[PDB]
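Figure: structure with sunitinib.
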Amino acid sequence: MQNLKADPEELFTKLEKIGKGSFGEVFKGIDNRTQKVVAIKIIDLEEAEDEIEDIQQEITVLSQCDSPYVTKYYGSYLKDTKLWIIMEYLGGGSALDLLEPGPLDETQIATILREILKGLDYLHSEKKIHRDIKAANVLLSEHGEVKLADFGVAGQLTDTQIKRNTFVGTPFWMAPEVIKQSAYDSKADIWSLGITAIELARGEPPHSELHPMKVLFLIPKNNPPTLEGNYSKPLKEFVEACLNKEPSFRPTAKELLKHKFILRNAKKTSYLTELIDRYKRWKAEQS
Ligand SMILES: CCN(CC)CCNC(=O)c1c(C)[nH]c(/C=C2\C(=O)Nc3ccc(F)cc32)c1C
Ligand SMILES: [Cl-]
Ligand SMILES: [Cl-]
C-alpha cells in the first residue's frame, strides 16, 4: 500500500459501469493525460470486511507485474470510503464472452492458449501462481491481444515458503492437490489450464452441470478428465499432459509453449478480432 495514491478524479474520468467485479464493480474510464480508455474497479472499503486482505493481495500482485500478458496496472487511489484500482481497458471482453455465440476452431483455441501460456510463464517465473485460471479471467483487447486478469486469490512463493496450501479458485477448474489443500505450487495453474483448454474446446469445463460441492469430491476421486469428441490428436494430448493427478508430471508453461498443438495451430493474435466481431454481431441480435 506504500504506493497508494489520492484524488483519482484529477487524473481520471469515471464513466459507465461495465461489469463485475471481483470485490466491487468495474467502470469504464478515461486517462485524462492520454485520453486512453481505462478500466476502473471500485471497492467500497466500509463493506469490504472479509475480502480486505484479498483486495490487498490483488493490488500487491498487480503492482509487481510488468507483462504484456497481465492486465497493466495504473495504480490504486483512495477516495473517501472507496478504493479505485485502475487498470488496462480491454475492449474485447473475456474468452468466456467470446465462447457464447458458438464453438471456437482449433486455430483460435491454440492462439488463446499460447497467450495464456506466456502469461503463466511470466507469473511462474516471478514465483506467482494465479490460482483462478479459467476463460472468464482471460481478457482480450478489441484487436485480439490476450491478458490474464483478476489476481484476488493469487499466491506468492518465497525463499521461506516454497509451496502454498490455501483452498482458493473455482471448483470446476481447481487442481486436486488444491482441493485436498496439499502443499502445491505453479503446477496447480497447469491443471487449471488443462481444464481451460477443455472449456475453450467444448464451451464448458468438465462437470459443469453438477453442483460445485459435488466436484469437490469428484475431482480427487475420478481419473483426470480427457477431451472427448472430434478434436485433433495434439489438442487431446495437450489436455492430457496438463491433467495429470501428479503435479510433478505436469509440464511447465515454458514446455507447453513448445507443444505440437500450439506450434501447429497458433496464429497471429490479430486474427482473434474475428471472434470479437462474431460476439458483437451475436450480442446485438440477442433478444
Ligand atoms: C456488450 C457487453 N457484454 C455483456 C453485456 C460484455 C460485458 N463486459 C464488458 O463490457 C467489459 C469490458 C469491455 N471490459 C471489462 C473489464 C475489464 C477491462 O476492460 N480491463 C480489465 C482489467 C481487470 C479487470 F478485473 C477487469 C477489466 C468488462 C467487464
Ligand atoms: Cl481494447
Ligand atoms: Cl486418478
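Numbering of chain A is taken from the PDB entry, so the residues present carry the numbers 13-299, in order. Quick check of the header: X-ray crystallography, 1.9 Å. Worth knowing before you read on, the calculation uses all heavy atoms, side chains too, and leaves out hydrogens, waters and symmetry mates. First listed ligand is number 1; within each ligand, the first listed atom is number 1.
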Hmm, which bits of this model belong to sunitinib? ligand 1
Could you peek at this structure and say which chain has the most contacts with sunitinib? A name from UniProt would do. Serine/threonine-protein kinase 24 36 kDa subunit
In the protein, which heavy atom is nearest to atom 26 (C) of sunitinib, and how far is it? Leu151 CD1, 3.9 Å
Nearest to atom 6 (C) of sunitinib, what protein heavy atom do you find, and at what distance? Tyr291 OH, 3.6 Å
Of all the atoms in sunitinib, which lie at a distance below 4.0 Å from a heavy atom belonging to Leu102? 12 (C), 13 (C), 14 (N), 18 (C), 19 (O), 20 (N)
Nearest candidate to atom 20 (N) of sunitinib, where distance is taken over non-hydrogen atoms, out of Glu100, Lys159, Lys53, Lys84: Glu100
If we set the cut-off at 4.0 Å for heavy atoms, which region of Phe35 has an atom near sunitinib: side chain, backbone, both, or neither? neither
I'm curious, in chain A, which UniProt domain holds most of what contacts sunitinib? Protein kinase
Which of the ATP-binding residues UniProt records for chain A come closer than 4.0 Å to sunitinib, counting heavy atoms only? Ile30, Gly31, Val38, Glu100, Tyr101, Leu102
Enumerated sunitinib atoms positioned under 4.0 Å from heavy atoms of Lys295: 5 (C)
Which sunitinib atoms does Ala51 reach within 4.0 Å, using its non-hydrogen atoms? 17 (C), 18 (C), 19 (O), 20 (N), 21 (C)
As an exercise, identify every atom of sunitinib less than 4.0 angstrom from a heavy atom of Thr83. 22 (C)
With a non-hydrogen cut-off of 4.0 Å, what is the binding site of sunitinib? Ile30, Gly31, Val38, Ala51, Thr83, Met99, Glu100, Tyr101, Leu102, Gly103, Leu151, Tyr291, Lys295
